[PDB]
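Heads up, this one has tiotropium in it.
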Amino acid sequence: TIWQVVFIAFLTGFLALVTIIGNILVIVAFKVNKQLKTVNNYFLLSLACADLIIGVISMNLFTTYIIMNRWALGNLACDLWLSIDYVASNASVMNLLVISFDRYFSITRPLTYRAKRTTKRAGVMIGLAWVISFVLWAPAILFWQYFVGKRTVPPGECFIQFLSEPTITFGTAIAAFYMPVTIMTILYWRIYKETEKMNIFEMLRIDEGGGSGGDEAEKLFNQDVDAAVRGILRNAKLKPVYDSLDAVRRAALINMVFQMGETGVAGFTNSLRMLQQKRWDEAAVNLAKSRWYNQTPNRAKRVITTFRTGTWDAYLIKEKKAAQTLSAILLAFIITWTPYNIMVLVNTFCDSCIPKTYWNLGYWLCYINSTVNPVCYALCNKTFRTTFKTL
Ligand SMILES: C[N+]1(C)[C@@H]2C[C@@H](OC(=O)C(O)(c3cccs3)c3cccs3)C[C@H]1[C@@H]1O[C@@H]12
């Protein structure tokens, strides 16, 4: 009847406006606060921009197609709606690829990449995704009818003419969804696996606020760490403590020797004793009452935390969060787009087997991805939370 039609129009109109105010909030929070305009978050802006176009155009023009069961906007409006709903949506998956390649390189190649992540290169990548998404889709959706010599799409319906054949449709699905998904899947489990992945050389890097040095500076950094270890083994006061310490805590001791020298650390007689006796809690409290904790409270708090827990938990906070954000993003994308692309896979090997009802549901399911991504920002990043509160 029409009782369900009104109910459908209400729900579709709900998620549409939630998408708009959910993404226009991210854009405003990006414009005002200049502290959220980083490299990774600059890519999230492209997602918000794309999802905004979806929430205000795509999700509203596809609602009408279900209610009226016909397309009453014209042939020009049909081809433009499809161009909009595809170019912006294809750029939305290119961003996820860039975001995934942005994090994987920061983990696999930390020496010659992290120091190259500028706002310029991050602004160019976004431009290339919007342009390439336009070139691959817009001339195909708009101009294909003229190349053929007629319009296949009958009056009262709306679909892409060059994707009329399920075989062509399937191949597009592989290159535009199945391939990007498998790539991001491989990357994610290499980023999540290589989280710790945490040696002394990068431990000092974080504490110094240090940066990636040249190839020669890494050989010099090794020669300095090895010498720092040898100096500890020579030190009659440090050697019995170092030998009793485990690999993670050994590095923390080397952190102090790098900073204060062998003799400097040797003065921590009571704390070094508590370390060898493995009284971590008491050693943490004692080390937190020295000059060292007041001269450099940040570097000390992490080294002391390392002593207390025996883990790298004080040097992985931001990188773990980076993966948890990407996790929520890829999970929201691979769950809302998979059913449609599965149906593209199925429809390739049979005729009348997938009802138009499921095609509309599978199509609308991809739309809610534009609604979840803004929530994923405030569900992980605590900086997006405070910004939305100010707005
Ligand atoms: C619901 N959508 C509006 C449509 C179908 C979905 O997208 C996808 O499943 C597909 O892999 C394909 C659909 C059909 C043949 S290949 C992509 C299309 C464009 C970029 S990736 C998600 C979005 C996107 O705009 C399309």
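In this chain, numbering begins with 1 at the start of the sequence shown. Computed from heavy atoms alone, side chains included, the values below leave out hydrogens, waters and symmetry copies. Order of appearance sets the numbers: ligands from 1, and atoms from 1 within every ligand. The way this entry was determined, per its header, is X-ray crystallography, 2.8 Å.
- Structurally, the greatest contact with tiotropium is made by what UniProt calls Muscarinic acetylcholine receptor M3.
- Counting heavy atoms under 4.0 Å, the binding site of tiotropium comprises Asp85, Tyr86, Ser89, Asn90, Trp137, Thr169, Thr172, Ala173, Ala176, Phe177, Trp337, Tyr340, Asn341, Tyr363, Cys366, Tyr367.
- Transmembrane segments of chain A (UniProt order, N terminus first) with a heavy atom under 4.0 Å from tiotropium: 3, 4, 5, 6, 7.
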